[PDB]
Q: 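Structure with fluorescein attached for reference.
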Amino acid sequence: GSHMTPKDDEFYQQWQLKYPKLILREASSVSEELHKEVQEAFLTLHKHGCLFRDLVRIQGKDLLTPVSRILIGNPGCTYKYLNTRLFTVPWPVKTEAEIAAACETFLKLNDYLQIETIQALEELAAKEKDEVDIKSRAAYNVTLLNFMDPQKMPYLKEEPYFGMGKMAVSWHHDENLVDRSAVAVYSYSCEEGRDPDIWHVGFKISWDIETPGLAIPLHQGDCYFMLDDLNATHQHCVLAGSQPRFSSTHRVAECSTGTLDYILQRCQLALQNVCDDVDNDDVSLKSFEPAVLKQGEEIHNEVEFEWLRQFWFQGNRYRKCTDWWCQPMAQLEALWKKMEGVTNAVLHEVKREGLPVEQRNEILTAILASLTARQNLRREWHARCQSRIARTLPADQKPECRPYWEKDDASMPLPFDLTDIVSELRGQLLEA
Ligand SMILES: O=C(O)c1ccccc1-c1c2ccc(=O)cc-2oc2cc(O)ccc12
Ligand SMILES: O=C(O)CCC(=O)C(=O)O
Ligand SMILES: [Mn+2]
């Protein structure tokens, strides 16, 4: 395989014909004032230690990301990639003033890039021969900030198909975005084939290493845009230069099951089956109908694994730059603890003498997959909290395996390990 850069005569026509949905707006087109502001914002964020490498999970292995990052965006919004849910430090849509100022800066960059994107999307439609679709596909709700110092990496991976040289980030799609949504990236580098000292973004067609890839040089303050279905039909990578680089990558995160309001509402739905006169350990349920019980136990899993474990696995890195999620997370944990109460109440009822066996077995069938998944996912998460790299990484830089409690812990109604309970319930369902 081979690739094309601006040095190749064929670059220009290949871009024009096979990448009309890829747009580059060079530093020129962006005001010197905005450049100054976002570049300074990058630097304060970096100095206040707001960017971290994430311990992600990909095809079974636990890996530290080469880039350190932070997610900034709409209050209560989250973004899930590589099995890790990132939580926004909020930006002032309708904390220390410095970080607050930085987030404010990245909101107005967001506004600017949003405008640029709509324009580009409008011009693309005109070329191609609705109005609501365009604006919704440009309505960026988060940005993921990235930083890498390549001189800090002992060995960088070679780009494997086109001879593009050292990769800072491997070939991928930006995951979990709204369908056909645009992506906009502000790139900030500190200042035969592609120039090794300069940062590039590379593109290829999915499934395809025969059509030469493009490598687009990125100088200080250059912006690039993936429009419409480009992010889906193509992969991209980031090719490392010799100097450090920041990027701000603005996305329309698909957040239908990914906001604080969404998850609080799911919890409230679950607790509708609980007599709510008073908050104490004496949990009693309004109904034992299979469909209501299954739903309750599913919500229980959702808040435990998608929210609590995700949040705490990331070493409590937030109250550092924002306490915003601290109270929400306390609240979600209290809701989850009530639901541990619910599971116990269901279990009590299963054991009640005078419960017909047919009704018991209908209850078992309703809840068994949820409890099985709860056991398995607890194993998987506990594994993830030790692994190798978690072991290797310093004591300061370790994942927290919360919520977790000992067999002796009398504050919790059920054991953390559900193996016996699951076995027993399963056994009962095979009884004759
Ligand atoms: O880019 C990498 O090689 C990498 C290294 C360690 C951890 C994650 C990644 C990696 C990504 C890192 C950040 C990001 O925004 C996207 C990434 O996508 C990847 C896709 C892969 O197939 C394989 C790897 C990645
Ligand atoms: O920085 C870029 O150019 C794209 C960002 C990126 O590839 C990522 O880390 O998701
Ligand atoms: Mn990307």
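Chain A uses the PDB entry numbers throughout; the residues present, in order, are 28-121, 128-162, 189-250, 263-503. Worth knowing before you read on, the calculation uses all heavy atoms, side chains too, and leaves out hydrogens, waters and symmetry mates. We count ligands from 1, going down the list as the structure has it; atoms in each ligand are counted the same way.
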Q: What are the identifiers of all copies of fluorescein in this structure?
A: ligand 1
Q: Just wondering - which macromolecule does fluorescein hug the most here, in the naming of UniProt?
A: Alpha-ketoglutarate-dependent dioxygenase FTO
Q: Okay, heavy atoms under 4.0 Å: who's in the binding site of fluorescein?
A: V83, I85, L91, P93, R96, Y108, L109, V228, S229, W230, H231
Q: What protein heavy atom is closest to atom 22 (O) of fluorescein, reported as residue, atom name and distance in Å?
A: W230 O, 3.8 Å
Q: Any other ligands or ions closer than 4.0 Å to fluorescein?
A: ligand 2 (2-oxoglutaric acid)
Q: If you count the atoms of fluorescein from 1 in the order shown, which ones are under 4.0 Å from a heavy atom of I85?
A: 21 (C), 23 (C), 24 (C)
Q: Write out the residue and atom name of the closest protein heavy atom to atom 17 (C) of fluorescein, then the distance separating them to 0.1 Å.
A: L109 CD1, 3.7 Å
Q: Of the residues in chain A that UniProt says bind substrate, which ones have a non-hydrogen atom under 4.0 Å from fluorescein?
A: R96, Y108, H231
Q: Output the list of atoms in fluorescein that are nearer than 4.0 Å to some heavy atom of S229, sorted by atom number.
A: 1 (O), 2 (C), 3 (O)
Q: Mind checking the PDB entry for the source organism of chain A?
A: Homo sapiens
Q: So if I count the atoms of fluorescein from 1 in the order they appear, which ones are less than 4.0 Å from some heavy atom of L91?
A: 6 (C), 7 (C)
Q: How far is atom 15 (O) of fluorescein from the closest protein heavy atom, and which atom is that?
A: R96 NH1, 3.0 Å
Q: Around atom 5 (C) of fluorescein, find the nearest protein heavy atom and jot down its residue, atom name and distance.
A: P93 CD, 3.7 Å
